[PDB]
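Summary heading: complex between lumacaftor and Cystic fibrosis transmembrane conductance regulator.
So for chain A, numbering is the PDB entry's, and the shown residues are 1-409, 437-636, 846-888, 902-1173, 1203-1451, in order. Counting convention: from 1, in listed order, for ligands and their atoms alike. No hydrogens, no waters, no symmetry mates; every other heavy atom, side chains included, goes into these values.
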Amino acid sequence: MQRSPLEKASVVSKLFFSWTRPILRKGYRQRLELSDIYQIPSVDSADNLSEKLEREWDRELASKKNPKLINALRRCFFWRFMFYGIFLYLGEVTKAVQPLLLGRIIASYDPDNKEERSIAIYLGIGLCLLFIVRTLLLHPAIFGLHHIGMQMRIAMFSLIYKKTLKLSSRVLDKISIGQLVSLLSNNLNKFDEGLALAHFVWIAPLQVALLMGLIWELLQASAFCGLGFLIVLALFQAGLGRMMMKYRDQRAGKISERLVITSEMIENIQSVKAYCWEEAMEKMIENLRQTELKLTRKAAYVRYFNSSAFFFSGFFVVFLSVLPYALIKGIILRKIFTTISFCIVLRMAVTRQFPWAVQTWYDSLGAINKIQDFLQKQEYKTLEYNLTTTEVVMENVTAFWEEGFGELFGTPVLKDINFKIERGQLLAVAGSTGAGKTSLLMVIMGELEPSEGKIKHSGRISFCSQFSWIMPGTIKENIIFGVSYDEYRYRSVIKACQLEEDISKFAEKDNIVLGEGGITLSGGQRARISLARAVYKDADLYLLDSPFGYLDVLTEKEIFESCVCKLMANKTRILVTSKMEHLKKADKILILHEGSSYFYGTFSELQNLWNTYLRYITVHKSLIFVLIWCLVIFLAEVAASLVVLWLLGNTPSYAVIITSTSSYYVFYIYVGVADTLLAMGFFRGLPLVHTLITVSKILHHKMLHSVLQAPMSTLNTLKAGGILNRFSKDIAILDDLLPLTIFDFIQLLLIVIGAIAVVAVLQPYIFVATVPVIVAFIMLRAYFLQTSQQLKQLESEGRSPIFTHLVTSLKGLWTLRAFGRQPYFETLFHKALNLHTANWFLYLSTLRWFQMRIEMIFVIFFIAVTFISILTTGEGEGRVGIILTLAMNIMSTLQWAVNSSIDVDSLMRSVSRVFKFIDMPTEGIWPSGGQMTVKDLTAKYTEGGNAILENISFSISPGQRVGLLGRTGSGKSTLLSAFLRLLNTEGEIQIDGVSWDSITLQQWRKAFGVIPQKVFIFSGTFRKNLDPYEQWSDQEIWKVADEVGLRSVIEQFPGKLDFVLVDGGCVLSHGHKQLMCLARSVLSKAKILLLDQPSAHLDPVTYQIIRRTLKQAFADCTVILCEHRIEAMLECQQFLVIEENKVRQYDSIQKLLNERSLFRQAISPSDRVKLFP
Ligand SMILES: Cc1ccc(NC(=O)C2(c3ccc4c(c3)OC(F)(F)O4)CC2)nc1-c1cccc(C(=O)O)c1
Ligand SMILES: Nc1ncnc2c1ncn2[C@@H]1O[C@H](COP(=O)(O)OP(=O)(O)OP(=O)(O)O)[C@@H](O)[C@H]1O
Ligand SMILES: Nc1ncnc2c1ncn2[C@@H]1O[C@H](COP(=O)(O)OP(=O)(O)OP(=O)(O)O)[C@@H](O)[C@H]1O
Ligand SMILES: CC(C)CCC[C@@H](C)[C@H]1CC[C@H]2[C@@H]3CC=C4C[C@@H](O)CC[C@]4(C)[C@H]3CC[C@]12C
Ligand SMILES: CC(C)CCC[C@@H](C)[C@H]1CC[C@H]2[C@@H]3CC=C4C[C@@H](O)CC[C@]4(C)[C@H]3CC[C@]12C
Ligand SMILES: CC(C)CCC[C@@H](C)[C@H]1CC[C@H]2[C@@H]3CC=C4C[C@@H](O)CC[C@]4(C)[C@H]3CC[C@]12C
Ligand SMILES: CCCCCCCCCCCC
Ligand SMILES: CCCCCCCCCC
Ligand SMILES: CCCCCCCCCC
Ligand SMILES: [Mg+2]
Ligand SMILES: [Mg+2]
């Protein structure tokens, strides 16, 4: 990155934002290359702000009894806040004395006003000076206030993450990914810009006090008639704001709930596709959206009135304030016009700048209070010893997973556990499923605090878990995991873990960029990477929680005999295992039985025992009808105003005194009141908001439908953070910020067009005067948008790394805290923060450049017309000055319409991003016997890549068992997915004579019942997790839970089959999820069954359930079983072996095993006697 141009600049350059020119002149011609983003200023780096706010917050916590976050931000930003507020106020007081000069200038066009024609040439100079000094005080102050919100947000987002890395394990079940994502997302671009409105809590009352004193000179005691109406309207607006904030509190939790459901299934898209579960997931998402949209509609109906208050307040204020004075005393047109000029500023101060400031304070303090409440949660306790002889000792330990039951003393997870091991000894833990072997490791690690007992060790540990975690990056980064790279140790760890066979088959071959999750790999490869990472680290104690689950017999034997028994034989290690062979060469054995130690000792003792607006409008056919309605009313209003004006000049005492040389005020008065005459009442503003909110519902439905049916090659290129970004932030934009911004843009545009047309009909010169300013405005807008759109696209793309890092850091909390790598991930998070900050700051600077340039154009044009008007006014009736000055009263509203157009264009980027996902590509009795025939099948994952499987041909027969097998990483899962055409494939398969291309895909996928390798469990009840379609009553559901063995597990929770599972089934063990998958497969009665390693981690006792199910529930079913364990191959009639990317088939298993001496040598004696009796 090249340096920031704001580091070396000039004062005269910092005042006008000239340093932003070099990029603006370039992004206009070509695209914006990478080499053109500047490095952030050193003051805007996450480290400095993070440490500064952290020091202040820690001092606040330590000293005071009642700590508060606002007291800590006050000691960092208050003096700059108050420094910029004063210049903002000085800029705002200019707008109120402007009439005191412009009115005298305008009144000199009447030859019967001789007093003010003397001093015109000095009023003009004063007006030019006032316009010059407003534009220099307003915009730099606003930019300085914008630059402080970014710093505050960056400083608080670091504290949130640093606290997240310390939460207790008993609090993680109350905070989801959705809550943190919502917290970050709703404050990511609005908290920055909210500081430019906070000072109007005290700026606006002063303006009211000044303006009422100025008006009091015109209408002596009648001004309070107009003031009281504004006070009542402000009471009404306060009530509207209070009632608006109620509908948003009821809606946040529903969005939080929807986000986790949306994120769960997209990261499990393959299981959803295999189950054919799209129609149920979409229905759940729709039911969630149904109520949230109702709350959003109710909030928008109130925000409409809040925004509409400003336009309808003009006529009433002016008429009400002028009527009594005019009734007790006649009035001149000059007084009326001056009153309009003052009331225009008064209404802006009262109805648009105060309530927005109040709502800004409400929202900001609401965010800060939630941030503080998060920072005051319960922390993980690390208080333990840090040095000893590393003699692991544990005594009298009992722990409860439920906090209440452990506080009262709910059944104990552990009961009276005690053991001791020396330096270098190996303890083997064994037991049934659900016995509590992983929870013992959690007790040792400190994740589960025991109620009674002690654990004593040093504090240096290495960890390997039952579910493997893969962080984004390459393999080498996943293994070295934040430390120095030692070549020899890396080589020996790679060789010991049997990874060189699979690594040599990769293309980049060591630097494969893995995604967040590792779905580019297989099960055993991820398991071996997770084991190698633990082996690499140096520590006194090594905990290994069933690493051999997904490995075959030969690979497991090699790893155990050359990585645990020869590489780290001089280190203390605790291994959770099941095989009777591993217990032979352990030093101490612990066996658990539902909580209690059934046996502790040795083995010698056990044997003794742009087409985007156009596409957006045409999404819904009712929007066009509403727009045509809004146009037909507007044209009638214009035609009525035209005839009421035309009937004044053609007709001839009364209260209002009007003459011939001062009748030109009739237009000046009209232009100031047309805001009320062309405003949108509730017959036009409520239908518009309603029909614009319906478009978001339609677009969300289309987006979700189109994502769920894309091919897997398209879906793998996506990331978790990008999906989460697009489904949270852009959708919230489309539901909240688009309707009312569009409404304001349309309102202002109609006002400008009506004001121009009505007058240009009666005087065909004011249009001619206005043209050259309109052309300049349009040219500058078109010049700026070319770069603005690119910068906005980059900023919108820059929010994905933050969410990706948040997700990956929440999924791997235990490994991070066990290894001690928190500073590493804090450094990783700071980089993503800086990367977003650069683009956001650049866009924010160029916007202010545009704003000040448009202001300068307006000011120079007005200065040009002022002197011409003053000079050309001869000895009476300054006709030249009557036209240009009125043109400049319509250009002032066009200036506001331009900025409204700018922010509408900035909000359409979300619409374009949403439309990009809708345009993804699309992947698109009979089952009597189940006979299958495969011919010339060839499978490959990516187009133009190596073929995992090449020219496979075999046949099966109805009602026959087939055993599929091979080495780890051979293509068993690839074959079982090529049956369902989940990837790119050629050749054919026919089932009972019916081929692929004869039928549709969704019908071909209903001939199969599948058990996958990765268990998918979403948030919901047990019953819903068993059937989302709700096809079976509780009779059959309980009858099947009786058979798969889930009665005692399900009855353990308070709502029997009504209990709600959170965090993806964290309440269950590893075997209970396998049993739920088996139940799912049993419930749907199919003919052809594809079982991908069903009994992964099950002990020998619980595999009996699987084999009884395969014996009784599947009788007339063609089964294909991909099993790594040797005993399951005793029921199969055919065998398929995958090797060298091709399949060889066998009838008997003896023929299979006699030809593989090494593989045949790896079989345990218990499983050896049965194969060869
Ligand atoms: C007495 C007082 C003085 C200054 C401030 N603010 C600030 O210094 C800053 C700030 C913070 C939040 C904001 C904001 C500006 O503008 C916003 F975007 F609108 O939100 C510059 C940091 N705050 C208070 C205050 C308010 C409310 C309660 C308490 C309390 O002590 O209980 C104290
Ligand atoms: N967060 C939790 N809340 C409540 N109960 C839990 C929680 N985690 C686990 N349990 C329960 O505690 C028991 C022990 O679970 P654990 O996973 O340690 O068994 P296990 O011996 O590891 O079985 P497996 O070898 O099949 O994983 C289980 O019966 C489980 O239902
Ligand atoms: N999504 C993917 N994209 C690219 N390559 C993949 C993808 N999934 C798997 N592979 C590669 O294709 C090969 C086949 O993997 P497969 O899952 O069939 O192995 P496996 O036989 O199931 O091994 P295990 O028994 O460990 O599960 C592997 O070497 C793997 O690296
Ligand atoms: C800095 C802010 C608060 C402005 C100060 C507010 C008060 C004190 C000021 C603002 C405008 C002032 C008024 C402006 C004009 C006149 C007309 C004159 O014939 C009598 C005094 C009177 C009525 C002034 C009284 C004081 C006044 C009301
Ligand atoms: C009515 C118009 C003119 C606005 C002027 C009144 C303003 C200042 C009033 C109206 C409602 C008021 C709020 C009503 C309730 C509470 C809750 C209390 O725990 C703190 C004060 C607080 C937050 C008040 C602050 C002041 C407040 C916002
Ligand atoms: C002179 C008069 C008109 C000034 C009025 C100042 C008002 C608008 C200010 C002063 C104190 C402020 C409040 C301070 C505390 C809270 C509690 C928080 O949960 C919501 C914001 C809220 C409710 C603020 C809203 C704005 C507030 C009420
Ligand atoms: C909203 C507060 C208004 C304060 C200014 C009133 C001015 C009254 C002047 C009386 C002169 C006799
Ligand atoms: C055939 C497309 C019609 C588009 C007209 C929409 C109304 C435009 C004026 C706001
Ligand atoms: C190009 C704009 C000309 C405006 C001057 C109007 C002439 C008025 C003649 C009485
Ligand atoms: Mg376990
Ligand atoms: Mg597999």
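Mapped onto the model, all copies of lumacaftor cover ligand 1. Heavy-atom contacts of lumacaftor within 4.0 Å involve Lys68, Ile70, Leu73, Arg74, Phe77, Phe78, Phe81, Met152, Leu195, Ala198, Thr360, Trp361, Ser364, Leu365.
Looking at chain A and lumacaftor, the transmembrane segments (UniProt, N terminus first) with a heavy atom under 4.0 Å away come to 1, 3.
Scanning the protein for heavy atoms near atom 20 (O) of lumacaftor, the closest one is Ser364 CB, 3.2 Å. At a distance under 4.0 Å, no protein heavy atom can be found next to atom 28 (C) of lumacaftor.
Note that atom 14 (C) of lumacaftor has protein non-hydrogen atoms nearby, at separations under 4.0 angstrom.
Contact annotation for atom 7 (C) of lumacaftor: protein absent (non-hydrogen atoms, distance under 4.0 Å). Checked against a 3.5 angstrom limit, the closest N/O atoms of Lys68 and lumacaftor fall inside it. Entry annotation: the source organism of chain A is Homo sapiens.
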